[PDB]
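The structure under discussion appears below in the form of C-alpha cells.
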Amino acid sequence: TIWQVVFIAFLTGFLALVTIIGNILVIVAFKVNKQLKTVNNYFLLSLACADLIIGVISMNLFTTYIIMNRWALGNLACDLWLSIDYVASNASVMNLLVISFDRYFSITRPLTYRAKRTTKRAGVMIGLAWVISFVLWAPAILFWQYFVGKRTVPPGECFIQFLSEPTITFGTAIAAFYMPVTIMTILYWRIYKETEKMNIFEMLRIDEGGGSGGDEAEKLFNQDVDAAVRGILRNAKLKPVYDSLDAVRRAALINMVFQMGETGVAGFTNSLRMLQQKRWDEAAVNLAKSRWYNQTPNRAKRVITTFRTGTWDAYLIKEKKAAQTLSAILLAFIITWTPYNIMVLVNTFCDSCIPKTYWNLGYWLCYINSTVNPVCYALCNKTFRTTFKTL
Ligand SMILES: C[N+]1(C)[C@@H]2C[C@@H](OC(=O)C(O)(c3cccs3)c3cccs3)C[C@H]1[C@@H]1O[C@@H]12
C-alpha cells in the first residue's frame, strides 16, 4: 500500500539529513579549528565533501525513484545524477586507498616517507582522485548514448547505459571495488601487525621529537647506540642493572644514558637498585621525584612508564589510534558496499535471480556509508569530539 511508502519516505529523509549535518559539521570543524588541518585529516575532508554531495543529492533523488517508482526528472537530470553519484563515490574509494597508502608507508618505510608528508602532496592526491573519477565515469555516463546512436535507457527509468551488460558491470566492480578492498585489506593487516614493531632507535626518535635522518645518519645513530651499550657494560654500577633488565626496559635505560650519560644515570642508586630487584612501582615513584623528571617531564614520563609496565605502551599511543580509526573506516566501507558488489557478482552468472527490491536495498546500503564515516571521526579521534562541541 501507501502506508509503507510514507514510512519509507520518512526513514530515507532521516538518514539523508543526518548525512548532511554530519558532514557539514566536519567541514565547519575543519574550517574553524586550524589544528585539525593535518595530512591525514585533510584526506578525511575529501570524504566529507563527497559524502555531502551524496547526502544532499544522491540520497534524495534515489528516494524519489523508489516512491514514484519512476524517474520524473528528465534525461539530462538522470545522466547528471548518475555522474554525480558515481564520480563522487568513486573518489570516495580512491581516498580510502590514499589513506591506506598514507599509513602503510609510515609503518613500512619510516625513514624516507614520514618526513615527506606535506600539505602540498596531500592536496595534489585529492585533486587527482576527483579528476580521474570524473574522466573514468562522466564521459561514459553522459556521452555513451551519442556514441551508440540511441538511448537504451527507457523513459521512466534511470541507469547507466554502458553498464547495461552484467559482464561489463562485473569487470567494473572488480577494478573499482574488489581490487581496492583487497589492497586495503592487505595493508590493514600489515599496519595492525606492525604496530609493535618498536625498537630503541625509534624510541629515542619520539623522545627527542626527532626526525628521520639520512642513510648516513642511521649508521651514525647505530654507532652511538652500540657505544652507549658498551659504556653501560663497562660501568660497574650500571652493568648489574642492565643485565637484570629485559629488552624493553634495557632500551629505557639506554634512553637515560643517551640523555644524561653513563655517569649521570649511575647516580640513581636507589632507583637502579629497585630496577634490579624488579620493584617497578617503587622505582617509578622514585624516578618521578628527581631533577630528571622536572628538566624533561615528557621524555621522563615515557621512560618511567616503560619501566613500570615493561612494554612499549607509552610509545604506541598515537599509532594505535591511527589504526583504530582506519579500522572503523574500512569496516564501515567493506560492510555497506559488499552486498551490492556481491549482487553484481551473482547477476553476472544468471538472468532473473536478483529482485529489484534487493537492488534498491543494496544501493541504499552504500549510502549509509556517508553517514557512518562522520561518526567514525568522533568515535575514535578525541580531537574531532571537542571540535563538534564548539560547533
Ligand atoms: C550505490 N552507489 C551509488 C553505486 C554502487 C556502489 O558502487 C560499487 O559497487 C561499484 O563497485 C560498482 C557498481 C556498479 C558497477 S561497479 C563502484 C562504482 C563506482 C565507483 S565503485 C556504491 C555507490 C557508487 O556509485 C555507485
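The residues of the chain are indexed from 1 along the displayed sequence. Order of appearance sets the numbers: ligands from 1, and atoms from 1 within every ligand.
In this structure, the drug found at ligand 1 is tiotropium. Structurally, the main neighbour of tiotropium is the chain that UniProt identifies as Muscarinic acetylcholine receptor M3. Defined by non-hydrogen atoms within 4.0 Å, the binding site of tiotropium is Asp85, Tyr86, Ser89, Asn90, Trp137, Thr169, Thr172, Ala173, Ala176, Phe177, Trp337, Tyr340, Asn341, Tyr363, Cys366, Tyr367. Of the transmembrane segments UniProt lists for chain A, counted from the N terminus, those with a heavy atom under 4.0 Å from tiotropium are 3, 4, 5, 6, 7.
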